[PDB]
Amino acid sequence: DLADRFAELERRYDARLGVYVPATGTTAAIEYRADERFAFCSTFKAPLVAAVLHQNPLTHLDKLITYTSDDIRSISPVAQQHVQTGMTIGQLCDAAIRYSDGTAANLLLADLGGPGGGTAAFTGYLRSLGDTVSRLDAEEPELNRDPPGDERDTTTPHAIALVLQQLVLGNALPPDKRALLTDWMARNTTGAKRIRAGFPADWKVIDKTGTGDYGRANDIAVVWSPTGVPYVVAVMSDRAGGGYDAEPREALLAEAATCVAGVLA
Ligand SMILES: CO/N=C(\C(=O)N[C@@H]1C(=O)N2C(C(=O)O)=C(CSc3nc(=O)c(=O)[nH]n3C)CS[C@H]12)c1csc(N)n1
């Protein structure tokens, strides 16, 4: 019945909702518009941090990266505090995941592929995981403002969730790097009202958020049953009918999350 519950959500919130849960040994795949393109928004910061972890040794995460106040062209709650000072790569990692800091992500794009090569390098990291579908094509903020229908800066719930299944559950990162990426997203400061609200408290929840123009509201998460069996959950939405400044419905995502919680009991 999952499909019906989802379209009611869509009806009640007046939004496009894509859901994908990868199949486990015990359960089937929960998919809904899973292969339609949704904007990354800030969810690209999770597999980006992983790309930075993977290309470099952990020795890299203690390299002070310098930047200016005129480098803060997006929401940047942490990079705010180091106008000139600058931060360790590990610090920007921490800022781009848990705090969704935009300047953080841009310096990590730069670190990953040069001033005009980071978005393609980030996309190539995704291809190296078998995502031939998602593309990053801009830096912050403009990656949040691509018009609806455009393929730029889009992923799909199916492809990001498979990327996420690799990063946390598969061997895309080695135990250590993999472990730092899991603490970072398990501390995320931005995902209370999203998937976390949708899952029972005795279920573990680790997530990274995305929010943008046209009502875009996203949450990609790895979730753990009290038995400790792991699930990957991507929830992506937008409300593009309402224009660029339409209001994202976070409760939408929580609502989507309670349904997948329901067949995963
Ligand atoms: C051009 O940039 N525009 C953005 C944007 O930067 N999106 C990013 C994204 O995905 N972000 C996330 C997050 O990680 O979810 C958020 C979380 S939303 C939020 N959390 C708070 O704690 C709070 O006090 N206020 N807000 C709004 C901030 S913007 C950034 C945006 C946000 S809503 C909208 N229409 N545009």
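Using the numbering of the PDB entry, the residues shown for chain A are 29-293, in order. According to its header, this structure was worked out by X-ray crystallography, 1.9 Å. Whatever order the structure lists ligands and atoms in, that order sets their numbers, starting from 1. These values consider heavy atoms only, across backbone and side chains, with no hydrogens, waters or symmetry-generated copies.
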Undergrad: What drug do PDB records list at ligand 1?
TA: ceftriaxone
Undergrad: Name the macromolecule with the most heavy-atom contacts to ceftriaxone in this structure, as UniProt names it.
TA: Beta-lactamase
Undergrad: Kindly confirm or rule out an N or O of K236 lying under 3.5 angstrom from an N or O of ceftriaxone.
TA: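 In this structure, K236 places an N or O atom under 3.5 Å from an N or O of ceftriaxone.
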Undergrad: Which residue supplies the protein heavy atom nearest to atom 14 (O) of ceftriaxone, what is that atom called, and how far is it?
TA: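 Protein heavy atom with the smallest distance to atom 14 (O) of ceftriaxone: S128 OG, 2.8 Å.
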Undergrad: Indicate yes or no: does an N/O atom of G240 lie under 3.5 Å from an N/O atom of ceftriaxone?
TA: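 Indeed, backbone or side chain, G240 has an N or O that close.
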Undergrad: Backbone, side chain, both or neither: what part of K73 comes under 4.0 angstrom of ceftriaxone, heavy atoms only?
TA: neither
Undergrad: Within less than 4.0 angstrom of ceftriaxone, does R101 place any heavy atom?
TA: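 Heavy atoms of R101 never come under 4.0 Å of ceftriaxone.
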Undergrad: Could you see which bit of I103 sits under 4.0 Å from ceftriaxone, with heavy atoms only: side chain, backbone, both or neither?
TA: side chain
Undergrad: Can you tell me which portion of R244 lies within the under-4.0 Å heavy-atom range of ceftriaxone? Options are side chain, backbone, both, or neither.
TA: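 It is neither; nothing of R244 touches ceftriaxone.
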Undergrad: Please identify the active-site residue of chain A, as annotated by UniProt, closest to ceftriaxone, and give its minimum heavy-atom distance rounded to 1 Å.
TA: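 The closest one among UniProt active-site residues, measured by heavy atoms, is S70, 3 Å.
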Undergrad: Among residues of chain A listed in UniProt as binding substrate, which lie with some heavy atom under 4.0 Å from ceftriaxone?
TA: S128, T237, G238, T239
Undergrad: Determine, using heavy atoms of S102 and all atoms of ceftriaxone, whether some pair is separated by less than 4.0 Å.
TA: no
Undergrad: Given that the side chain starts at C-beta and the backbone is N, CA, C, O, which of these parts of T239 lies under 4.0 Å from ceftriaxone, counting heavy atoms, or is it both or neither?
TA: both
Undergrad: Considering distance alone, does some N or O of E168 sit under 3.5 Å from an N or O of ceftriaxone?
TA: no
Undergrad: Which residues lie closer than 4.0 Å to ceftriaxone by heavy-atom distance?
TA: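 By heavy-atom distance, those residues are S70, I103, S128, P169, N172, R173, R222, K236, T237, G238, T239, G240, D241.
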